Enquirer: 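I have a structure here, written as structure tokens, and I will follow up with some questions on it.
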Amino acid sequence: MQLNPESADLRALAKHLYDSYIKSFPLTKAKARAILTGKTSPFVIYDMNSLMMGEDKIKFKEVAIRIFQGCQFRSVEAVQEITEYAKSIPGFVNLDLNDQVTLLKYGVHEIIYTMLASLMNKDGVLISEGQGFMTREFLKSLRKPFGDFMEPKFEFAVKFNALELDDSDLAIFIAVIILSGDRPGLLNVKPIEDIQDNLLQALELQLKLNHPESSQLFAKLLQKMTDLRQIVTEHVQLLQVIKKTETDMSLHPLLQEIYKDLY
Ligand SMILES: CN(CCOc1ccc(C[C@@H]2SC(=O)NC2=O)cc1)c1ccccn1
């Protein structure tokens, strides 16, 4: 490894993505872990009683449905943030507009679960920008099939968080996921692939500098890119079950359009 014009540009790219990341996302991993460890306080929701008291304290029908709808609305909101961030990725807006919409379409959920890991520990998940904390066991206490909803996410998060990536690692990682040339229905694959190769170089450089304690981190991360897709995959199958069983759930129409091409 050498300090040359190429690597200097890669460092500039990483710094740029990090700045955009900080501006695009309200709650960083750095601020999130501090809260999760008290170094800073959220209303903890751990049972039905604290759930009701909490809906009345934190500034945000049947309980399971309310919660599930809360996740949908948070999700739609996140799509907005992810989109704003994607536009700051060098080259992204110069792509054919349809490919931009396609990339985001097949990428937002992978990123959503990536970033949700930052807000999780083994006990639960931060909600409403850190105003609240909903416990893992409370989510499992929700009636079938909603009690199985979040558990794959927690399991992924616990493994992912062991990698101990920080926000400047995640800033590049999320860009790499977005610029996947293998999404269905892309018009111009090569320019997309060119940008990702560049992002992947920046990412490898970043991990080497930022994590001197591990030479396996880059390969472990590329492996996680696949776990993510499986989680989306597994999540849509569970969505069909919710449909072919319970008619009292109205799925947000924006998400509907995304899930159309995910079946
Ligand atoms: C558990 N939390 C935190 C958010 O946790 C999430 C879990 C899953 C998603 C994916 C959504 S849900 C769906 O089916 N399709 C999507 O895009 C998005 C967020 C909340 C948040 C608000 C109210 C109640 N609880």
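The PDB entry numbering applies to chain A: residues 202-241, 245-264, 275-477, in that order. All values below come from the heavy atoms of this structure, side chains included, with hydrogens, waters and symmetry mates left out. When the header is checked for method, it gives X-ray crystallography, 2.5 Å. Atoms within each ligand, like the ligands themselves, are counted from 1 in listed order.
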Enquirer: At ligand 1, which drug is present?
Expert: rosiglitazone
Enquirer: Which polymer chain has more close contacts with rosiglitazone (ligand 1) than any other, using its name in UniProt?
Expert: Peroxisome proliferator-activated receptor gamma
Enquirer: Could you walk me through which residues contact rosiglitazone (ligand 1), taking a 4.0 Å heavy-atom cut-off?
Expert: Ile281, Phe282, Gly284, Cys285, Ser289, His323, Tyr327, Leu330, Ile341, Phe363, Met364, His449, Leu469, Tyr473
Enquirer: Which rosiglitazone (ligand 1) atoms, with their elements, are less than 4.0 angstrom from a heavy-atom of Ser289?
Expert: 11 (C), 16 (C), 17 (O)
Enquirer: Just distances here: any N/O of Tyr327 and N/O of rosiglitazone (ligand 1) closer than 3.5 Å?
Expert: no
Enquirer: Is the closest N or O pair between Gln286 and rosiglitazone (ligand 1) shorter than 3.5 Å?
Expert: no
Enquirer: Does rosiglitazone (ligand 1) approach any residue of chain A that UniProt lists for rosiglitazone binding closer than 4.0 Å (heavy atoms), and which?
Expert: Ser289, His323, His449, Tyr473
Enquirer: List every atom of rosiglitazone (ligand 1) that sits less than 4.0 Å from any heavy atom of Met364, numbering the atoms from 1 in the order shown and giving each element.
Expert: 5 (O), 7 (C)
Enquirer: Using a 4.0 Å cutoff against the non-hydrogen atoms of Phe363, which atoms of rosiglitazone (ligand 1) qualify?
Expert: 12 (S), 14 (O)
Enquirer: Should you measure from each heavy atom of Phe282, which atoms of rosiglitazone (ligand 1) turn up under 4.0 Å away?
Expert: 14 (O)
Enquirer: Give the atom numbers and elements of rosiglitazone (ligand 1) that come within less than 4.0 Å of a heavy atom of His449.
Expert: 13 (C), 14 (O), 15 (N)
Enquirer: Show which atoms of rosiglitazone (ligand 1) fall inside a sub-4.0 Å distance from at least one heavy-atom site of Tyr473.
Expert: 13 (C), 14 (O), 15 (N), 16 (C), 17 (O)
Enquirer: Hmm, which UniProt domain of chain A ends up with most residues touching rosiglitazone (ligand 1), do you think?
Expert: NR LBD
